[PDB]
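A look at one PDB structure holding imipenem (open form).
The numbers used for chain A are those of the PDB entry, and the residues that appear cover 26-238, 240-252, 254-290, in sequence. Counting convention: from 1, in listed order, for ligands and their atoms alike. Determined via X-ray crystallography, 1.7 Å. Values reported hereafter were calculated over all heavy atoms of this structure, with side chains retained and with hydrogens, waters and symmetry mates removed.
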Amino acid sequence: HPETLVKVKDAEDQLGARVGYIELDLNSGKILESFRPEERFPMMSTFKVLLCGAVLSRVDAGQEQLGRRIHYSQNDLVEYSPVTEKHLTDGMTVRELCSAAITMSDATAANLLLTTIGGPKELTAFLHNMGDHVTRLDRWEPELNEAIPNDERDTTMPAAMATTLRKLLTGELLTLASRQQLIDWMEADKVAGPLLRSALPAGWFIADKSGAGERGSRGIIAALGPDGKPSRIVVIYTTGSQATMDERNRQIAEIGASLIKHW
Ligand SMILES: *C(=O)[C@H]([C@@H](C)O)[C@H]1CC(SCCNC=N)=C(C(=O)O)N1
Ligand SMILES: [K+]
Ligand SMILES: [K+]
Ligand SMILES: [K+]
Ligand SMILES: [K+]
Ligand SMILES: [K+]
């Protein structure tokens, strides 16, 4: 609904920065509403969903096991590793790492998982192979969050990310067991509460992944819908703002409040 575009452009104004937005019908793939849908924005942590999608594709192909245990050390820990920092002694399994990477947005977990698939080049090759010729991961945590103006490294476009999430959550790309596992990790959450979830009505479903990087970058990707089932995909990214995290979170929550109201 155009009233949501009023809020999205108001958010750009309030934040003094670019906001990218897209609302997609999950079943049909139809773009219902958009703003700067084909401009690039840093993915930040939202890439972790794509990463675990690739991991699950490997699991399906018999090239990985969710129960495989990965051992790491203090040497491996990067900034923001709330879960991995507690398991240095006995390690964590692949399943546990994706749960950490998605529900807590653990950065070290993402790096360990990236290593299992062959690094950024392989995640990018996975995306290209699934029809996403835009989204690219080029670096590891923490550098991938640099958000350098006009830099195409580690970026996606709202339309591309929305289309990719749709394929991951509904396409024959993954087995049903794997699709649901990805959805289960996205439904769980300990960090995106101030975002779309703060505007979600009781009874509604939401599977999401947020992100925050340098230079004011902030974003979220999500599949949500009434009556416990997802029916639309929403992608929101912003970069360039000097606003506080609370201010950026509120704008994303208000964009969510609008799209829900006009559903
Ligand atoms: C992803 O965008 C980053 C990166 C460090 O992996 C992480 C860190 C953060 S902000 C720290 C805690 N978040 C919220 N309480 C996020 C994030 O999305 O908020 N992901
Ligand atoms: K429209
Ligand atoms: K555009
Ligand atoms: K160790
Ligand atoms: K989540
Ligand atoms: K949210």
Task: Components assigned to imipenem (open form) - done: ligand 1
task: Please provide the name that the PDB entry uses for the chief contact partner of imipenem (open form).
output: beta-lactamase TEM
Margin query: Hey, which residues are hanging around imipenem (open form) within 4.0 Å, heavy atoms only?
Written below: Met69, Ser70, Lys73, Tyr105, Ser130, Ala132, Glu166, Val216, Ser235, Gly236, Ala237, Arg244
Please confirm whether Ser235 comes within less than 3.5 Å of imipenem (open form) when only nitrogen or oxygen atoms on both sides are compared.
-> yes
### Task
Indicate yes or no: does an N/O atom of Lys234 lie under 3.5 Å from an N/O atom of imipenem (open form)?
no
**OP:** For atom 20 (N) of imipenem (open form), grab the closest protein heavy atom and report residue, atom and distance to one decimal in Å.
**Re:** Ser130 OG, 2.8 Å
Problem - imipenem (open form) - covalent partner residue and atom - result: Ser70 OG
Inset, instruction - Among all protein heavy atoms, pick the one closest to atom 1 (C) of imipenem (open form) and tell me residue, atom and distance. - result: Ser70 OG, 1.4 Å
If you take the residues UniProt annotates as binding substrate in chain A, which of them have a heavy atom under 4.0 Å from imipenem (open form)? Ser235, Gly236
- Nearest active-site residue per UniProt, chain A, to imipenem (open form) (non-hydrogen): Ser70, 1 Å
N/O contact list for imipenem (open form), threshold under 3.5 Å:
unit_1               : atom_1 : unit_2 : atom_2 : d
imipenem (open form) : 2 (O)  : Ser70  : N      : 2.7
imipenem (open form) : 2 (O)  : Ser70  : OG     : 2.2
imipenem (open form) : 2 (O)  : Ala237 : N      : 2.9
imipenem (open form) : 2 (O)  : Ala237 : O      : 3.2
imipenem (open form) : 6 (O)  : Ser70  : OG     : 3.0
imipenem (open form) : 6 (O)  : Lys73  : NZ     : 2.8
imipenem (open form) : 6 (O)  : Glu166 : OE1    : 3.3
imipenem (open form) : 6 (O)  : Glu166 : OE2    : 2.6
imipenem (open form) : 18 (O) : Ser235 : OG     : 2.8
imipenem (open form) : 18 (O) : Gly236 : N      : 3.2
imipenem (open form) : 18 (O) : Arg244 : NH1    : 3.4
imipenem (open form) : 19 (O) : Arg244 : NH1    : 3.2
imipenem (open form) : 20 (N) : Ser70  : OG     : 3.0
imipenem (open form) : 20 (N) : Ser130 : OG     : 2.8

